[PDB]
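Below is Androgen receptor with R-bicalutamide bound.
Chains are designated A, B, ... according to the position of each sequence line. Residues 670-843, 845-918, in that order, are what chain A shows, numbered as in the PDB entry. Chain B uses the PDB entry numbers throughout; the residues present, in order, are 1-11. Order of listing sets the numbers, starting from 1, for every ligand and every atom in it.
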Amino acid sequence: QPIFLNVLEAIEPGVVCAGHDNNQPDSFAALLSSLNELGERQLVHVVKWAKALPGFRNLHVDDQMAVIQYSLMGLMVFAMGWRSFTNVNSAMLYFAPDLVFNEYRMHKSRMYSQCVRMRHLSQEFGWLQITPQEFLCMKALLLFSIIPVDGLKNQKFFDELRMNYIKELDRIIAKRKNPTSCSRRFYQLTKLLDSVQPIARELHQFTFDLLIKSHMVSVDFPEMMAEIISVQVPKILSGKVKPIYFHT
Amino acid sequence: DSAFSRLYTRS
Ligand SMILES: C[C@](O)(CS(=O)(=O)c1ccc(F)cc1)C(=O)Nc1ccc(C#N)c(C(F)(F)F)c1
């Protein structure tokens, strides 16, 4: 009875729409105002998703809040690369059904480097034959992959939680009938996971810079995302809060 | 700060 995995499938957010006006010709300000608003909408779903994850109440409430804010970008990216793989086979970026980026939009957004990388990623879901159940567990582990150098309020409990999510991914790995095939798979998946973090880093750096000059470029930030960018994000960019990398 | 706390405390 795959209890952990039933839960992940049970709690998985459904489709979220950006509200972008696709009938207007593409502008940078409107594309990014629509991404910012999509970000907030996806955030609301991530909070409800996270709070219903196995063990999550083990966490101190402040840690609960902190890891959601820190991991948000990496989660969005990961799920987006999967959405782009499943729906359109990596030919475009399926940010949402009403906000799909072709290469013209990738360039018009001014995050082309990041967009092409998220396209690398989307294609790896196919190349590595990632199963839906590998995706779900991987996405969960991602929520517990970014910690502060000064420590959480209860670091022991987070460390127990991460260990056990890694356990679950081990069990998922295990077709089974070969430890060496299990390791090869483990290597590949953890490498895929690690590669989400530089992308989120580039994306964080870009949105930081975009907020700071947003009045200059008529890009609107919702209240909440402006707080997160200005309050949590710089902790990541300043090196106070760091991804946990499997490799080096 | 309070905007994300409030979301988190609410839905
Ligand atoms: C530019 C921005 O709007 C910034 S933001 O959404 O306000 C944001 C602010 C703080 C974060 F930690 C993460 C994202 C953004 O990255 N939006 C965005 C929206 C949806 C999706 C998806 N899916 C993604 C991406 F992660 F896939 F790139 C990115």
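By chain letter, the other chains having a heavy atom closer than 4.0 Å to R-bicalutamide (ligand 1) are A.
Contact annotation for A:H874 and R-bicalutamide (ligand 1): only side-chain heavy atoms (C-beta onward) come within less than 4.0 Å of the ligand.
In this structure, atom 13 (C) of R-bicalutamide (ligand 1) lies nearest to the protein heavy atom A:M742 CE, 3.2 Å. Of the heavy atoms in A:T877, only side-chain atoms (C-beta onward) come closer than 4.0 Å to R-bicalutamide (ligand 1). Residue A:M745 has at least one heavy-atom neighbour below 4.0 Å for each of these atoms of R-bicalutamide (ligand 1): 23 (N), 26 (F), 27 (F). Contact annotation for A:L762 and R-bicalutamide (ligand 1): no heavy atom of the residue comes within less than 4.0 Å of the ligand.
Scanning the protein for heavy atoms near atom 6 (O) of R-bicalutamide (ligand 1), the closest one is A:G708 CA, 3.5 Å. In chain A, R-bicalutamide (ligand 1) lies within 4.0 Å of these UniProt 17beta-hydroxy-5alpha-androstan-3-one-binding residues, judged by heavy atoms: A:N705, A:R752, A:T877. Most of the residues of chain A within contact distance of R-bicalutamide (ligand 1) belong to the UniProt domain NR LBD. Covalent bond for R-bicalutamide (ligand 1) in this entry: none. Residue contact check: A:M749 has heavy atoms under 4.0 Å from atoms 23 (N), 27 (F) of R-bicalutamide (ligand 1).
At least one heavy atom of A:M787 sits under 4.0 Å from some atom of R-bicalutamide (ligand 1). With hydrogens left out, the protein atom closest to atom 8 (C) of R-bicalutamide (ligand 1) is A:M895 CE, 3.7 Å, a heavy atom. In terms of polar-atom proximity, A:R752 is counted as a contact of R-bicalutamide (ligand 1), with an N or O under 3.5 Å from an N or O of the ligand. R-bicalutamide (ligand 1) has no nitrogen or oxygen under 3.5 angstrom from a nitrogen or oxygen of A:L701. In this structure, the protein non-hydrogen atom closest to atom 21 (C) of R-bicalutamide (ligand 1) is A:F764 CD2, 3.8 Å. Residues touching R-bicalutamide (ligand 1) within 4.0 Å, heavy atoms only: A:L704, A:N705, A:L707, A:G708, A:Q711, A:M742, A:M745, A:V746, A:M749, A:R752, A:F764, A:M787, A:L873, A:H874, A:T877, A:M895, A:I899.
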If you look at each N/O of R-bicalutamide (ligand 1), which protein N/O atoms lie under 3.5 Å away, and at what distance?
unit_1                    : atom_1 : unit_2 : atom_2 : d
R-bicalutamide (ligand 1) : 3 (O)  : A:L704 : O      : 3.2
R-bicalutamide (ligand 1) : 3 (O)  : A:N705 : N      : 3.2
R-bicalutamide (ligand 1) : 3 (O)  : A:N705 : OD1    : 2.5
R-bicalutamide (ligand 1) : 17 (N) : A:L704 : O      : 3.3
R-bicalutamide (ligand 1) : 23 (N) : A:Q711 : OE1    : 3.3
R-bicalutamide (ligand 1) : 23 (N) : A:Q711 : NE2    : 3.2
R-bicalutamide (ligand 1) : 23 (N) : A:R752 : NH2    : 3.1

